[PDB]
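For reference, chains are lettered A, B, ... following the sequence lines as listed. Note that chain A carries the PDB entry numbering, so the residues on display, from first to last, are 9-96. All residue numbers given for chain B refer to the PDB entry; the residues shown span 126-389 in order. Remember, it's 1-based here, ligands and their atoms both numbered in the order they're listed. FYI, side chains are in, hydrogens and waters are out, and symmetry mates aren't considered; it's all heavy atoms of this structure.
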Amino acid sequence: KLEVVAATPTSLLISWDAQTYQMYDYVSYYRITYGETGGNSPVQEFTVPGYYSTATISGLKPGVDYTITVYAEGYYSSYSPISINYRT
Amino acid sequence: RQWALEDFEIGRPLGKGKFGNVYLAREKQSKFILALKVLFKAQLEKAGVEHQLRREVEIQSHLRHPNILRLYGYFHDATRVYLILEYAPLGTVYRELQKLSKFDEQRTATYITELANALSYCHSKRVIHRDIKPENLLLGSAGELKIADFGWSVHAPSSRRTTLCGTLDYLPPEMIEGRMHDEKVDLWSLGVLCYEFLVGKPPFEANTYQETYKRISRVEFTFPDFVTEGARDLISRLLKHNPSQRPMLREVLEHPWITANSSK
Ligand SMILES: CO[C@@H](C(=O)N1Cc2[nH]nc(NC(=O)c3ccc(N4CCN(C)CC4)cc3)c2C1)c1ccccc1
């Protein structure tokens, strides 16, 4: 569902183009959360507008198991989270 | 907020659409006059334009510029889709052009100035309109230009931009020739628009779409004699076959013909 397109020891390029939405249910913005897999860190987050299909997460630790999660937050719905694990 | 039909007072119909009507409306909380566009879902899915509706709402809802028609929000029930839009009382630039046949240089340069300011705002967000034409332009209370209809718009980093879209007389050549396109297609259609404002007809008009695609691809157009040298210079700079040669909107606003004729 979620896909990592490009890779860099300090940056990742994710894309949620495969995530299909309900008809007449339009997305307002996205909540993208990333952090060390299995850890107890607070997990960093940020938002992009709803018309985005890709996003660039920068400033990460090389050689670290990360968990990328995207929350599609529509104007009248909250879609199920989609995740992916990628090692920088 | 969770908008609904119960939140607006509905008045007379303002105009007609392809899949519904636009009504004059008022938000009961603030008594603020707005425009309510109704779109019947049955007429939408029959035309297969639902994806363009999703594009217009998800993009235009984030654009806040004095020369862009605001989309305050939307909602929908079982049969219709509602768009809460900014009220433009003076109508479309298309009807004003039908009345006056053609615009003078002062009114045209002021329109191009306002349109370039809104496009510079859109391009600053990597948003391309891809459908600039007089039928998509509304006029504000003081006569200011407002760009509407963002169904063909696109977020450049979120698309490959290899599919042809827009209006026949305003299509850029890179689209007809099947090449990847970017923000420069708005610069081409801006030059096509500047020609129609001063002349009254688009430059690549033809009796069939075969010839129009051919005339655009080869940039085959001429100016009437009443077009001043400053206007020909801008249109020629905008109607370049190579998208990289087309100027930046910052330079269009700084062009001597705009500087000497635009009111804004
Ligand atoms: C069909 O969608 C509408 C749309 O979305 N919209 C959103 C929105 N907001 N305000 C609008 N104004 C009018 O529809 C309108 C029509 C005629 C009018 N007059 C006619 C009579 N005159 C004596 C005075 C002026 C004045 C205003 C519209 C249309 C649209 C139409 C054209 C371009 C872009 C969008």
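- Within 4.5 Å of ligand 1, most heavy-atom pairs belong to the chain that UniProt identifies as Aurora kinase A.
- The drug name recorded for ligand 1 is danusertib.
- Every other chain with a heavy atom under 4.0 Å from danusertib (ligand 1) is listed here: B.
- Heavy atoms under 4.0 Å from danusertib (ligand 1) belong to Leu139(B), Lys141(B), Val147(B), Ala160(B), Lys162(B), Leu194(B), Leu210(B), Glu211(B), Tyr212(B), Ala213(B), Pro214(B), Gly216(B), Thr217(B), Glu260(B), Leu263(B), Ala273(B).
- The UniProt active-site residue of chain B having the smallest heavy-atom distance to danusertib (ligand 1), to 1 Å, is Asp256(B), 9 Å.
- Atom 33 (C) of danusertib (ligand 1) lies below 4.0 Å from at least one non-hydrogen atom of the protein.
- The nearest protein heavy atom to atom 22 (N) of danusertib (ligand 1) is not closer than 4.0 Å.
- Residue contacts with danusertib (ligand 1): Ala213(B) is placed with a nitrogen or oxygen under 3.5 Å of a nitrogen or oxygen of the ligand (distance criterion only).
- For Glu260(B), no nitrogen or oxygen atom sits less than 3.5 Å from a nitrogen or oxygen atom of danusertib (ligand 1), counting backbone and side chain alike.
- Each of the atoms 1 (C) of danusertib (ligand 1) lies under 4.0 Å from some heavy atom of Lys141(B).
- As for UniProt ATP-binding residues in chain B, a heavy atom under 4.0 Å from danusertib (ligand 1) is present in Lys162(B), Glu211(B), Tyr212(B), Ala213(B), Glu260(B).
- Listed by number with element, the atoms of danusertib (ligand 1) under 4.0 angstrom from any heavy atom of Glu211(B) are 8 (C), 9 (N), 10 (N).
- Within a 4.0 Å radius of atom 1 (C) of danusertib (ligand 1), the protein contributes one or more non-hydrogen atoms.
- Per UniProt, the domain of chain B home to most contacts with danusertib (ligand 1) is Protein kinase.
- The contact set between danusertib (ligand 1) and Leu194(B), taken as ligand atoms under 4.0 Å from a residue heavy atom, comprises 7 (C).
- Looking at atom 14 (O) of danusertib (ligand 1), its nearest protein heavy atom turns out to be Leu139(B) CB, 3.7 Å.
- Close contacts of danusertib (ligand 1) with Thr217(B), meaning ligand atoms under 4.0 Å from a residue heavy atom, involve 32 (C).
- Residue, atom and distance of the protein heavy atom nearest to atom 30 (C) of danusertib (ligand 1) are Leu263(B) CD1, 4.6 Å.
- Shown in contact with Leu210(B) at under 4.0 Å from a heavy atom are these atoms of danusertib (ligand 1), numbered in order with element: 5 (O), 7 (C).
- Applying the 4.0 Å criterion to heavy atoms of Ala273(B) picks out, from danusertib (ligand 1), the atoms 34 (C).
- For atom 19 (N) of danusertib (ligand 1), the closest non-hydrogen atom on the protein side is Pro214(B) O, 4.3 Å.
- Per-residue contacts place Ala160(B) under 4.0 angstrom from the following atoms of danusertib (ligand 1) (heavy atoms of the residue considered): 8 (C), 9 (N), 10 (N).
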